[PDB]
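Looking at a structure with dinaciclib today.
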Amino acid sequence: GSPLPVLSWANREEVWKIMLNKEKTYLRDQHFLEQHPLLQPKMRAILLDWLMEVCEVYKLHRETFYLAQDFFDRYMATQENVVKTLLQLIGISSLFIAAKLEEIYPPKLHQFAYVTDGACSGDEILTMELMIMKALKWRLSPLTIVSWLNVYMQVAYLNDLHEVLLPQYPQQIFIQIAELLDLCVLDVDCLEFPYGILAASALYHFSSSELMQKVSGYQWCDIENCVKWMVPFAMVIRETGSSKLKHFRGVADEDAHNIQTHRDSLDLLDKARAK
Amino acid sequence: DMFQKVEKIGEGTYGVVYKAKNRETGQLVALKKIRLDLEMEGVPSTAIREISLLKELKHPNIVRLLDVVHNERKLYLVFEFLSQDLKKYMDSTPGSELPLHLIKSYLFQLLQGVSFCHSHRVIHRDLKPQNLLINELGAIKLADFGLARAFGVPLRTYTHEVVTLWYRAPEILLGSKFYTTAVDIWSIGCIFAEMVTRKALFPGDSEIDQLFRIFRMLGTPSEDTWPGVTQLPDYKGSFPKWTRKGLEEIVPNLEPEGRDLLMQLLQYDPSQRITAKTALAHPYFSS
Ligand SMILES: CCc1cnn2c(NCc3ccc[n+](O)c3)cc(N3CCCC[C@H]3CCO)nc12
């Protein structure tokens, strides 16, 4: 099962089992917007796209963004009949929690309020964050989509079997795949696929089935439906061209691949879902 | 609320810990209280981390979170109660109350707890005797996960100058960009020695005093003992060049195989440092 090498600090198979059980304990519903019957999937795509932009401005990690997306989608699936006017508050509160979890120096509440441009106050965000955390039962430690890409890349590029914890993958392959994942995640249909299979499918579209299998342990039967779902998204990414690694002020250049970026993806999402 | 707040045990990494009792059950609990009215940024990062970790981290040698209660501008973490912590036990007792067999069973349990954490991709980053809770049956549990972090594989750069100074690993003192689960193993070696000697192994006053106490006993590290050590942010050629003191003289009452374990726990080079899993297979624990 384990694509991982032998580990000194743990059993490889056990570490990999623990990770797969997590995926099953954290449950996602591609149909959760049927509980909010007057909301459209485009509303979620705009909200998440907006959160990526906030992330890029505050040099937040991709991990912080994907944590917020998971909290958003799992919180909404616990609730019913949420009015479209509260999505910004739920989104920004999700990101507030995600930032306090993942960031060393997270932005202050005043900045999360500032980006909402009047709509959401600090008090509204403090109220909402508690509402979210109690609804989720404080289950705030998922393996995100991007956490799976981090580990697949490490396995692909592993040189030192004594340094499996020290990252040793190239930066441009990582951000190219993350760009495809950032596009897919704007479509709520993505939630039908486990987050490890989404990571694996986006890697396969930039790779081979030889590599996908090597880094992930999945077989073709496992990712087939996801891979096929993901094709219009891959195609659109290929035709628009991939983005170059950015430098971020105050971010080490060997750490810059971990910073969430943002392009005009709602145009790509239209193009993609056309097909 | 539904608790007779017997008393205040003390203060954690965050909040205040109280001993209390349930009225309905009569059961003894610990209460870590947060004042949400005094928190400009809402629930503290440390609290969100501890709650989220301990919801999914369950093991005989890890303290149990029983409930999280939100009543007013107050948030209460309800924990199983334990009667002693290792710091207060060691400050209240003779050496005879910490025999060689109880040190062995305490250390074994600590490694099982830490090993479970590392396999669940968690680093405590604050292992010290005050955070080690002991019951009357002979169990020891890790507590206070407010300074802990779930790590990724592979891991990124995280907060620096973590871990209480006395139990802090030298790769953190030399300002290394990446630290791993090995920092938790340094602390354990420091606690192991402290249990046998009844006093702290490295009682430093500063980061540089801390680093000199370590060098005095283990020797000043070189590219030969610790490859890359010279390329570390806070390394200086200006450092004195002490040499290894014999461990037989620090911990004479400790058996041969146990002095081998302590030497392996307290390796300078975090890459050459034993893991919790390997440590549990050590001959020390097979008589
Ligand atoms: C997790 C909550 C908990 C449950 N029991 N317990 C104990 N029990 C032992 C003990 C010690 C001294 C007096 N009394 O009455 C009992 C201590 C303790 N702590 C140690 C001191 C600073 C706070 C806190 C740090 C580590 O959680 N926290 C807890």
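Chain naming is simple here: A for the first sequence line, B for the second, and so on down. Heads up, chain A uses the PDB entry numbers, so what you see runs 102-376. All residue numbers given for chain B refer to the PDB entry; the residues shown span 2-288 in order. Hydrogens, waters and symmetry mates are skipped; everything else that's a heavy atom, side chains included, is used. Order of listing sets the numbers, starting from 1, for every ligand and every atom in it.
- Short version: main partner of dinaciclib (ligand 1), named per UniProt, is Cyclin-dependent kinase 3.
- Other chains making heavy-atom contacts shorter than 4.0 Å with dinaciclib (ligand 1): B.
- Heavy-atom distances show that, of the ATP-binding residues UniProt gives for chain B, the following lie under 4.0 Å from dinaciclib (ligand 1): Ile10(B), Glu12(B), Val18(B).
- Of the residues of chain B in contact with dinaciclib (ligand 1), the majority fall within UniProt domain Protein kinase.
- Result for chain B and dinaciclib (ligand 1): the nearest UniProt active-site residue and heavy-atom distance (1 Å) are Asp127(B), 8 Å.
- Residues in other chains coming within 4.0 Å of dinaciclib (ligand 1) by heavy atoms are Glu8(B), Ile10(B), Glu12(B), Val18(B), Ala31(B), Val64(B), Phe80(B), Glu81(B), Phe82(B), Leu83(B), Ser84(B), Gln85(B), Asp86(B), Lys89(B), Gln131(B), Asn132(B), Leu134(B), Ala144(B), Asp145(B).
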